Amino acid sequence: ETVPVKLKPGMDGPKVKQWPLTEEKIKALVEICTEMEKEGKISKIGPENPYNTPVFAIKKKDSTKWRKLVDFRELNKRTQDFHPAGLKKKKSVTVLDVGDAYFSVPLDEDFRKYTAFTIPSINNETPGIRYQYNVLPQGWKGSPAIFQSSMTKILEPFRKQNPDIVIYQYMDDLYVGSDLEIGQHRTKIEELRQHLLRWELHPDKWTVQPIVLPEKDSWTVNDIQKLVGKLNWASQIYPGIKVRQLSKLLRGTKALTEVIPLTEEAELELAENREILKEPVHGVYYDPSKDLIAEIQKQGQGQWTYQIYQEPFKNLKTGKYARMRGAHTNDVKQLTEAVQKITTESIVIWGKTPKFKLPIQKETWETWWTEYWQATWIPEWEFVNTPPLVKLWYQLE
Amino acid sequence: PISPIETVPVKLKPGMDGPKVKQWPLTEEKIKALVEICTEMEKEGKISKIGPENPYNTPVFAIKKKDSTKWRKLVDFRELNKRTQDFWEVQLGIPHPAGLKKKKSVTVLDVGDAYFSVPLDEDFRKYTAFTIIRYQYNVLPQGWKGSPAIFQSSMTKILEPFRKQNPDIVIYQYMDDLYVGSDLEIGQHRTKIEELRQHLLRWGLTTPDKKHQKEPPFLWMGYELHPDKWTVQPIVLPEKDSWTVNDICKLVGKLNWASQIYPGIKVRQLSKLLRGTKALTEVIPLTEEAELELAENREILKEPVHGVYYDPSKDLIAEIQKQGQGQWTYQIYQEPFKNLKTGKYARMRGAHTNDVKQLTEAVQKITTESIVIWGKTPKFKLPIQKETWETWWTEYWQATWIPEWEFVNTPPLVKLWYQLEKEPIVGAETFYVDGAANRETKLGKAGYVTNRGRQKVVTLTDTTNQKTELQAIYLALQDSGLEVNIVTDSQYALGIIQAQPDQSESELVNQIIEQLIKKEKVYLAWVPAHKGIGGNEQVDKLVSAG
DNA sequence: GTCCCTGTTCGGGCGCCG
DNA sequence: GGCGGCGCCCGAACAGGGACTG
Ligand SMILES: Nc1ccn([C@@H]2CS[C@H](COP(=O)(O)OP(=O)(O)OP(=O)(O)O)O2)c(=O)n1
Ligand SMILES: [Mg+2]
Ligand SMILES: [Mg+2]
């Protein structure tokens, strides 16, 4: 008993080339795919199938066991689709991998061609070995959709007996949220795991961190120029911001290091602006149709800032990701952890991942991001050269 | 013969029909060879006589083979190809000798009549019809889109059991070539080779003895493989006295091929000899710098050179060196002076850049190439100071990173040639710079106003707003003292100069870079334009005469 | 909207391999 | 004179994004 799956109205399947894999990952993928072929979950195909999506492997946490990850982003974009507001308000949320359950449900035959992938070869000893899925694949939009009726059957008694718990499925994982003490919450999660077999997230600390203005008892012309520039940018977000009185303090061709006392007329204006950045942005409504945009700025020394919005200057959420200021800091590793954290937060809040603007050259990211990826999903991303002013506007003290 | 392997189902793109092209006229020298081939092929069941039942046709021809005494039969299947379904190409790259491990016993086999030993989809043979007599293909024809992939896949399926039950044997499968390596003594290796030949025979595939290499040096993939050295086959550079665009392309392509084992190859000038050309039959005069670069390349090529094989128990070391003008050479090796291979990176990215960005790009290219050949990232040896790199990684607002490396003091060292102050400078004169240009008139003005009362405005013609902003900064830098603070309203010029470039394709930016290098302290600050911020407003009023 | 600048992609040559 | 793979280098086409005109 299979479900027919239609693609986009006028689009084809994925034709994404397979990128190079390290020997470690190739060996793991070959082991995993041998085991999967035996069990009938995948089968060998040839070049007559014109489709391809990339595959790699990630080593799980505190484990020697690798995990096969298929980048189904192109496939997910091209399969036309067929969220609890209170989960973000719970005290604890646990993320449970429920992916392999999909391997019980067979995949529609006509659609199988679209799930083709190609295991590569070290030094191209052989041509690539091509496979396709016979069951619901981990990482594809349709797998939790098709499995949803079975999943609701699985979760009906647990929800009935535990009405205070919030269970939300996003593609390969369940998000289980509650307000119980840590230990009792863990025991309930173990109840749910035993239920699944029978067949570390706190959304309170998630602070919308504001834009803060420098506090000084002595202001140079340079300082006031920086402040007027920042406020003129921020008025694109908070229109009530005035600069007139501060801007008047600069009349003349003064030295940058010259000290400027703040007139009471301008100090009141600065205080007004400081208070204005405290109240929220008006006219900001979430739109499920339009997708989420997440910008990231590297601030330096383990500090990163991010904004999640849909239209420019109507930020749904701003935030920072703060890692340790270490000697051997890995910018790519930090950026990867940051995009994972932001994507988790978006899946919890809005129920969809954002398209990322990544402040990095495309090649560095494509070369190293897999070395630090740990989630079962993958967000969409593009690569932008962040302007020197946006970082200055969102940085902290 | 014909392999008993299952056929690979092929369709035409939806709605298309087979080709109906008429046969191009040929000489007798090709008709004779094609008849001699087609009679024996139709006897062997590889092609079958078609009647008036097939309405399709495609032109055929023949060319001399690598050995000029045998003819290869080709078919101009361009129409059918355009009408045939899409394939996923399975050959993902080109195996490299440096990724080979030392082996006690080596064999190279060539499969005989490779394509003509793999059957073709029955519902698809009707579209392959040709005429000299009207035949149709029962096997893979040469010139059809689908034949390389279908052969590569069938060869993989055929080899699969032999690989399964001989894990200690290495088989490099390049499309009909088979490199076979083992650590077995010569006798048992020859036994296994016989097993592999008889196994290919059971699947319809012949290994003729004439193309069965048994003793080193083995010829493989364009290289000569010796027991623990490997070389490239000779590279004959043309000595043409008048140079055409096609000749430059052949020369640069041969130089690119040579750069995999010959160190220090440069092609930037010879390649720039192409900028905005017309066709393959335009004579190009060699510039003096191009003549010198070519002489250097020649002197490199007249030197004995070899590579070695990969040892998985020792480290991968990639050492990079800076050539001039965005060119870089590298050597990958494991034991000093015993190179696995060499390479070059000379791609120019960005209108404005510095050597730290270029080096990062090279490190990325070498990393991905190393993962492809050996499956490891190498350990790097870069001509950049650890302090230089940290300073860059601090001041740079993009995420950048380089894997494990150690400094090597082989000039030219990679350096940042200047730094921008993080704070305004006490005692430094403060220049407010600006510029404007009229879109219709194309005329503009650039200038500066200082806190000490200096004013300068300079007229420019055939300029833009952005060029006029860069010119204002240039004026300030020229006229300032060793320490200066500069206040601009141009996010464009700001972004450029903040990126700390040391080279540019804009002459103005280069002059700006030279001035920035000459200074001792520079502080660049930004104010929004048209906001009445003094004294940006005074410069703005001064440079707006249009 | 326009103009200017800049980065990405892709197709066209050639090189090497079969 | 045909095909597929990879490589290089160039220019044409195009996609943001900042700044501008009345
Ligand atoms: N320029 C080329 C070279 C090869 N090919 C294809 C891909 S591999 C196949 C090799 O040709 P054959 O099977 O007839 O074998 P050979 O030509 O090597 O002779 P023998 O080994 O003596 O039987 O032809 C091509 O399409 N274009
Ligand atoms: Mg052959
Ligand atoms: Mg200006």
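Proteins come first, then strands; the chains are lettered A, B, ... in the order of their sequence lines, and each starts at number 1. When the header is checked for method, it gives X-ray crystallography, 2.7 Å. Note: hydrogens, waters and symmetry copies are ignored here, and every other heavy atom, side chains too, is used. Counting starts at 1 for both ligands and their atoms, in listed order.
The drug or candidate drug modeled at ligand 1 is lamivudine triphosphate.
In the deposited model, the macromolecule with the most close contacts to lamivudine triphosphate (ligand 1) is named by the PDB entry as Reverse transcriptase/ribonuclease H. Other chains with a heavy-atom distance under 4.0 Å to lamivudine triphosphate (ligand 1) are given as B, C, D. This deposit refers to DNA chain C as DNA primer 20-mer. This entry records no covalent attachment of lamivudine triphosphate (ligand 1) to a chain. Among the ligands and ions shown, the others lying under 4.0 Å from lamivudine triphosphate (ligand 1) are ligand 2 (magnesium ion). Within 4.0 Å of lamivudine triphosphate (ligand 1), judged by non-hydrogen atoms, the site holds B/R72, B/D110, B/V111, B/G112, B/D113, B/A114, B/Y115, B/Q142, B/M175, B/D176, C/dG18, D/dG2, D/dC3.
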